[PDB]
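Each sequence line gets a chain letter, starting at A and going down the list. Following the PDB entry, chain A residues are numbered 1-440, in order. The numbers used for chain B are those of the PDB entry, and the residues that appear cover 2-428, in sequence. Counting starts at 1 for both ligands and their atoms, following the listed order. Be aware that this covers only part of the deposited structure, with contacts counted strictly within it.
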Amino acid sequence: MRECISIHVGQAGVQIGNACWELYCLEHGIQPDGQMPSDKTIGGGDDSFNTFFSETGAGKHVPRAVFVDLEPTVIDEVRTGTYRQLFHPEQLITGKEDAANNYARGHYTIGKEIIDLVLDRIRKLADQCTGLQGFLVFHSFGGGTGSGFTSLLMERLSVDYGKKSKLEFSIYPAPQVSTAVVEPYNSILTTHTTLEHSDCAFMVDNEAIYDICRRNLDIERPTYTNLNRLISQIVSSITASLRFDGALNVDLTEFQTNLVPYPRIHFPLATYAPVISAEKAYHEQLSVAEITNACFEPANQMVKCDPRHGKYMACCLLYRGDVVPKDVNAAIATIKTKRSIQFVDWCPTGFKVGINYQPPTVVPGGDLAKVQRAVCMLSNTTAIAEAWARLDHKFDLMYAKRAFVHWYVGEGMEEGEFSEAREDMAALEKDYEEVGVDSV
Amino acid sequence: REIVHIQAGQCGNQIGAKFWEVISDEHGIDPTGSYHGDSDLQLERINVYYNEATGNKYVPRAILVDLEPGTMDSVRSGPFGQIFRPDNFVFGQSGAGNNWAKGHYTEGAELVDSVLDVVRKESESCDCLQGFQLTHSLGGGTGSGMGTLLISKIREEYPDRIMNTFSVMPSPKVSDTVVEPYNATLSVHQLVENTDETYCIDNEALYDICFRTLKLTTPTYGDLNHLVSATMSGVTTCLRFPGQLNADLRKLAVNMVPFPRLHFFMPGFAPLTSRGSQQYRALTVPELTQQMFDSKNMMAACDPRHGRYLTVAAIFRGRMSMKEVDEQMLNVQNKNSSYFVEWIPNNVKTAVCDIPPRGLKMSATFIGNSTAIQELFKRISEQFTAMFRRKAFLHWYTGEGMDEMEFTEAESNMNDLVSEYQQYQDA
Ligand SMILES: Nc1nc2c(ncn2[C@@H]2O[C@H](COP(=O)(O)OP(=O)(O)OP(=O)(O)O)[C@@H](O)[C@H]2O)c(=O)[nH]1
Ligand SMILES: Nc1nc2c(ncn2[C@@H]2O[C@H](COP(=O)(O)OP(=O)(O)O)[C@@H](O)[C@H]2O)c(=O)[nH]1
Ligand SMILES: O=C1NC(=O)[C@@H](c2cn3c4c(cccc24)CCC3)[C@@H]1c1c[nH]c2ccccc12
Ligand SMILES: O=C1NC(=O)[C@@H](c2cn3c4c(cccc24)CCC3)[C@@H]1c1c[nH]c2ccccc12
Ligand SMILES: [Ca+2]
Ligand SMILES: [Mg+2]
Ligand SMILES: [Mg+2]
C-alpha cells in the first residue's frame, strides 16, 4: 500500500505531469497502452511501483493521478496524445474557461464551478487505495488556475482528508517565460492561502531551470518541453524512494522528518546533478565525488539563491544508479573541508543519505545525456527566503499603486486579502531570519 | 523458569532475529525446529527460551512486533524465519515514522492490546515465568515508543515479574533522523521506572569498534549486529546453560542492582571479531581478561576509568583453566581496586561455561554496572537540549497530542539519573 495520488493543476502542472508520467513509464518498463510485461501479478499487487500505478484486470497500469485545468486545450493534448490510453477519461477534467491569469477567478468565480467535481474524482482514486499516504500537487504560482484553484483545492483537501500529507511541486515565476504581469500577485496570494495546508513544498525557479538548459545543455532558447524534461528528472529523483525498493533506499518521509523543523519552514532547496549533453558526456564518466560536489554549485540549484550566504538546517542526498556508501562518505568528507557549509547551532550537521540502485533514465530524443549515476540534494537553507524576498518586492512595487488590483476586486476579492497575504509573507521572511540566529 | 522474549521495531527485530539465529545454533536447533546436537548440556535449560511441541520440536518463546510489516517479512524469509510461531507475528501497517509519540500514544496504542494477548497466551503455558526480555532501539518510533508502552502495560499485568531490555542507543555517527535524541530521552524516562535490568548497547561504541579496532572502513548495520549478537549470546549464557549458580533474571537483578534506578549496564566482549574473518589463534586467559576490561571492548561509549564499578558479572566460555580465570579476575580487582567501590565487598563474580560460541575456541563477556554510564546519558541530554532550547522538530510530536511539558519532565529525570550516578562515583 502507501499509495500516492498526484494532482496536476493548470497548464504548468499538466504539462509537467506529462513529462513526469512519461518518465515513470520508461523507468518501470510500462508501455504507452499501460501494459507492463515484467509485472506477473495481473490486476493488482503490492509492489513499489503500485504506489503510483493502480492495475486493471486487463493488465493496464493506470496512474494514480488527476489532471485539472479550467481550460480544455492543454489537457485535450493529453486526451489525444501518445499516452492517452494510460488515463481513464474521468482522470482528465476540464472546464470551458480559464482563470485569465487571475487568482480570484481560479479560486472563486470559475474554480467554484468545478471544485466539487474534482473532489469527487479524487475521492474515486482514494477509495481504490488500501493505505493512502498523501497527495502530490503540481502547479504554477503565476497562473490563475495554478494559483487560485490550487489553493481552493488544498483547503478542501484538508477538510476531506484531515491531516493526510500534502506535498507540492510549485513553479516559481520567471521573466524569461512569463505569461502575466500580475504573477507576483498570484504568487503571494497562493503561498499565503496554501501555507497552513501544505506539509512540504518543492519550489522550482523557472529562471534557474532556464539557465541550466542554456548553460549545461546548450539550448539557445529553452521551451516548456526543455524545462519540463529537466524538472521531471528532479521529481523522479524525489519520488524514486516511493516507486522503488532497495536496501539503502530511504523513504521520502524520513528525509521529511529532517527537512521540516517547524511547520512553516517546509520549503527544501533542490539541487540536481549531472545535467550534461550527450556530446560532453561521451567518453566522460562523472564520478560520485564529482556529482556530489556539483550539488554545492549554486548554478545547479532549482531555485536561485546563495546558500553560502545562509545557514543549513538539513542536508539530504538522494543518489540513484551505480553508487555505494563508501564513495559517498569519502565525497562528503572532502566537501565538508572545502565548501561554505554552515549549520544553525540547534541542529546536527550530519548529511542524510539515500541510494536507489535503479539507474537514471532519459526520454527518447531528449537533451539530457544518459548517465550511470545521478544525485538530487535536498537542503533546508535560510537562503531560500531570498526567493520570497524577490517576489515580495515585485509585489510591493505594484501594490503601492494598487496596479491591476481592480481585476481582483471585480471578481469579489478585497484589498484586505492582499495585505493579509503580504503580511504573512513578511512574517515568513522573518521566520527564516529567526531560525538562523544563534541560540541564547 | 521460562523467559518470554519480545522484539519491537526494525532494530529490535533485526538484532532479535540475529539473537535467535545465534543461540539456536549453540543449542543445536535447526531452522526446522529440530534438535541435531551431540551434548546433553544443550537441552538441559533449553526450556528457558524454547517451548517444546510434539515430535520434540523446539519453538522460540518469542513475540515479534512492529507497526509496519517490512522488517518482519524479512525475518520470516530469513535463515531461521520459519522457526517462529506464526501467530506470534503481530504487526500494523501505518508505521511510526521514527516518532515516539506515534509508537507510544497513537499508532502503537491501536496495536498494543493484540500484542498483550500473545504475551498472555505464552505466559499461561509457562510452568513458572521468571520474566521478560525486550530487544529494541530508543532512537526510532516503534521500538522506542511502543516498546516502552508495552513494558508499562506488561508491568501492570505482571508486576511481580522481571523486565529486562537490550536497548540500542542512538548516535550521530550512525543516525537515521535528527529526532533520535528526543525519542531516546523519552524512552530512558520509561526504562528508569519500568525495568530491572537494561543492557545499554550504544551504536556510537559499536561504530567505533568496527571502524577503529575491526578496521572496517564503512560499517553497516549488519556489522554492528555482529557485535550485538555476540554480546547477547554472552550475557544470556548463564541463563541458557547449566552453571555453578544456575542464574536467573531475578537473582541477577538482586546481585547487580544496589539501587533500583541504577540498573543500566555496560556490556563488554572479547575477542572483538568481524564477520567472515576467522581467527586461528585462541586468546590466553590473561588476554581475554585484559581485553574485556578495556574501553575499546565496551559496547557503551563510556570510559570506565571516568567512574567506578558498582558491580561486575563476567562469563568465560570455552575449555580453559578455571583456576587461571580466578587468578586473572582477582588480579584485575587487586591491581585496579580504585575503580571498584569499596562499600560493596566482593562485587565481582565470574562464571565459566564449557561450550564456546561458534567460530571461537574461547571468549569472555562482560557485564558492568559502572557510574561511568552517566557519560552516555549526558551525551543524549546535550543533543536533546541543543534542539529543545529552540523547540526544533517538536511539531512532529505535538501533532500527536503531546505537550512540551512532557519533554521537560523526561529531560529532568534523565538529568536526575545522571546526578544519581555521579553521587556514588564520589562515595
Ligand atoms: N516549467 C514550466 N512552467 C510552465 C509551464 N507552463 C506554464 N508554466 C509557467 O506557469 C506560469 C503561468 O501559469 P499557467 O500554468 O500557464 O496558467 P494556468 O495554471 O493554466 O492558469 P490560467 O491563467 O487560468 O491559464 C508562467 O509563469 C509559466 O512560466 C511548463 O510547461 N513548464
Ligand atoms: N544496531 C542497530 N541499530 C539500528 C538498526 N536499525 C535501526 N537502528 C537504530 O535504531 C534507530 C532507529 O530506530 P528503528 O528501529 O529503525 O525505528 P522503529 O522500527 O520504528 O522502532 C536509529 O538510531 C538506528 O541507529 C540495526 O539493524 N542495528
Ligand atoms: O499573448 C499575450 N497575451 C497577453 O496578455 C499579452 C501580454 C501583454 N503584456 C504581458 C505581460 C506579461 C505577459 C503577457 C503579456 C507584460 C505587460 C503587457 C501577450 C502579448 C505579447 N505580445 C502581444 C501582442 C499582441 C497581443 C498580445 C500580446
Ligand atoms: O551466575 C550468576 N548469578 C548472578 O547472580 C551473577 C552475579 C552477579 N554478581 C554476583 C555477585 C555475587 C554472586 C553472584 C553474582 C557479585 C556482584 C555481581 C552470576 C554471574 C556471573 N557472571 C554472569 C554472566 C551473566 C549472567 C550472570 C552471571
Ligand atoms: Ca501487479
Ligand atoms: Mg491555463
Ligand atoms: Mg528505521
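In this PDB structure, the PDB entry names the chief binding partner of ligand 4 as Tubulin beta. The drug occupying ligand 4 is tivantinib. Other chains whose heavy atoms approach tivantinib (ligand 4) within less than 4.0 Å: B. The binding-site residues for tivantinib (ligand 4) (non-hydrogen atoms, 4.0 Å) are B:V236, B:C239, B:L246, B:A248, B:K252, B:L253, B:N256, B:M257, B:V313, B:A314, B:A315, B:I316, B:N347, B:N348, B:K350, B:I368. The B:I368 neighbourhood of tivantinib (ligand 4) comprises atoms 25 (C), with distances under 4.0 Å to a heavy atom of that residue. Within the listing of tivantinib (ligand 4), atoms 5 (O) sit less than 4.0 angstrom from a heavy atom of B:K252. Close approach of tivantinib (ligand 4) to B:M257 is summarised as follows: ligand atoms under 4.0 Å from at least one heavy atom of the residue are 8 (C), 18 (C). In terms of protein heavy-atom proximity, atom 2 (C) of tivantinib (ligand 4) is nearest to B:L246 CD1, 3.5 Å.
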